[PDB]
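Lab note: Spike protein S1, REGN10987 bound.
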Amino acid sequence: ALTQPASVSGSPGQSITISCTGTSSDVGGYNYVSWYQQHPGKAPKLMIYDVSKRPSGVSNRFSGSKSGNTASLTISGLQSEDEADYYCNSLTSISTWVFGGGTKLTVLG
Amino acid sequence: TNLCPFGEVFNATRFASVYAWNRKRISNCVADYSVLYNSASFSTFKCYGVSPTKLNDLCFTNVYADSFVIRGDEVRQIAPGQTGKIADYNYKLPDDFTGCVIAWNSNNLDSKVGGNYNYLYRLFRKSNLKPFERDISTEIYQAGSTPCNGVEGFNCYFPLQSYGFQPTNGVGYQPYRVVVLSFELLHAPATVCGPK
Amino acid sequence: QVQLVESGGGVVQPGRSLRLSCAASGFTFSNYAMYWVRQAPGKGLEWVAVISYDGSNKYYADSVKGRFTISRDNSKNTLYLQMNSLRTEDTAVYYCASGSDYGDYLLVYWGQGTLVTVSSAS
DNA sequence: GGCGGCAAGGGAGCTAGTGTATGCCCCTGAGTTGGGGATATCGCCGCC
DNA sequence: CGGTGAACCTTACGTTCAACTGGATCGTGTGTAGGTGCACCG
Ligand SMILES: *[C@@H]1O[C@H](CO)[C@@H](O)[C@H](O)[C@H]1NC(C)=O
């Protein structure tokens, strides 16, 4: 599987970064990562399409990036309503769709 | 005077297989290539027989837009005087080509999981292809000196082979949508030029 | 909009069969590859199975290899997952993802998904 | 108040609507979408 | 739901005088799964 921080915290307004890493096969060789946001008790829905892109209708603040073997999400001016789980996906060789794991975002309320 | 229907070609839902490349006539419009950009990351836009910088200051009797799909390592074969499976069996361009080609990656949109069998290319043919010729017959192509009376099997293969597009293919093995505009001009009124 | 509804299934005894059906509408079902993705209660996601756009090729996660069977029928526009030889650890909520236009290697629509509980109790 | 030095006289970047140099895709090609090098006019400030 | 058996160009490269000599090794470098399944005790 992939490795992600257990939890990430941040006050509203600033920039928050969430990074996930895997071997070369998962993301280091294939630039097919794509991150999903799952709210509590809700169906996960795509947030970052492809390595760095966004499906129509999602917030412009989210921005994905790739640094060599790692893939990161950057959130600008995150609000309280952005509190939810975030998973980083990746297409590896011979199919085998690995998943990020778990990453929770909280606001200092 | 109206904009050329470049959307109907570039935005088309599905492109025909290379062995059955489409051909749409475009005329009585203005070619505004400015809007053509910002539509996927184009991989090739190279023109022969006409300087692109002055493309907006000249027009022709008509233009033919032929669309198809091919793998990246194959796109280099779409050019005059080239050789290769596509160049000799599927799509052949004359040495005096008056027009030019456009190619853009379509991996995200045209590479199904497990193999996209909707696209076929002719892998076997008795003889090369004349310029701008279409072949769609699926007769069994015998290779040896043993006639097979049109039955697939040993030494008698099906001429067409399906492209096995997959997301995990190579960087250049992914599908590439290609649109070739052949500018044809004769002693007839001009049809398709953009702003002066 | 695009809808995807899971038939679901109540608590079942370990090692018993179970058929889950995802019915889709609002888009060309027969042109994209569906996925089944499980989520254990309180845990992260985990890809389970995927089926090609015509059913020719099916891929399973190693954890469920040789036990599950994913199929689909485009006549009535439905997708099926047959579960055999269940295990207690297998309880989870199942999502029927689509992989819509501009991406087939990725999961997009993520219908509501049902719940399946595998416990030996009444 | 005039002189000499200044991310500057030649380095690097690309993204089409369009300006003067952190710009111009200028000029087109390995086809994987991009290569190096073209006229500097320059303009504005610390110092003794 | 597995053991055989015979295949079918099998599908996915890493390339150009060619073809299968008619072997799974065979010129230059291939390689394999399902099943078509019909009793089992179930
Ligand atoms: C093709 O579709 C894209 C995205 O849907 C759109 O932005 C573009 O304008 C279309 N093509 C043309 C030539 O307008």
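Per chain, numbering begins at 1; letters A, B, ... match sequence-line order. Determined via electron microscopy, 3.4 Å. Scope of the values below: all heavy atoms of this structure, side chains included, with no hydrogens, waters or symmetry mates.
Every copy of REGN10987 considered, the relevant parts of the structure are chains A and C. Other chains with one or more heavy atoms under 4.5 Å from any atom of REGN10987 (chains A and C): B. Defined by heavy atoms under 4.5 Å, the epitope of REGN10987 (chains A and C) on chain B is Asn107(B), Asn108(B), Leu109(B), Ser111(B), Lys112(B), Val113(B), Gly114(B), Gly115(B), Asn116(B), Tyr117(B), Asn118(B), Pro167(B), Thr168(B), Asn169(B), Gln174(B). The paratope of REGN10987 (chains A and C) against chain B, defined by heavy atoms under 4.5 Å, contains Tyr30(A), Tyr32(A), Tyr49(A), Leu91(A), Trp97(A), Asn31(C), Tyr32(C), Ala33(C), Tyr35(C), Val50(C), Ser52(C), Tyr53(C), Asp54(C), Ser56(C), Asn57(C), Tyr59(C), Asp101(C), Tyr102(C), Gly103(C), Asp104(C), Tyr105(C).
Per UniProt, the domain of chain B home to most contacts with REGN10987 (chains A and C) is BetaCoV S1-CTD.
The name for chain A in the entry is Fab light chain (REGN10987).
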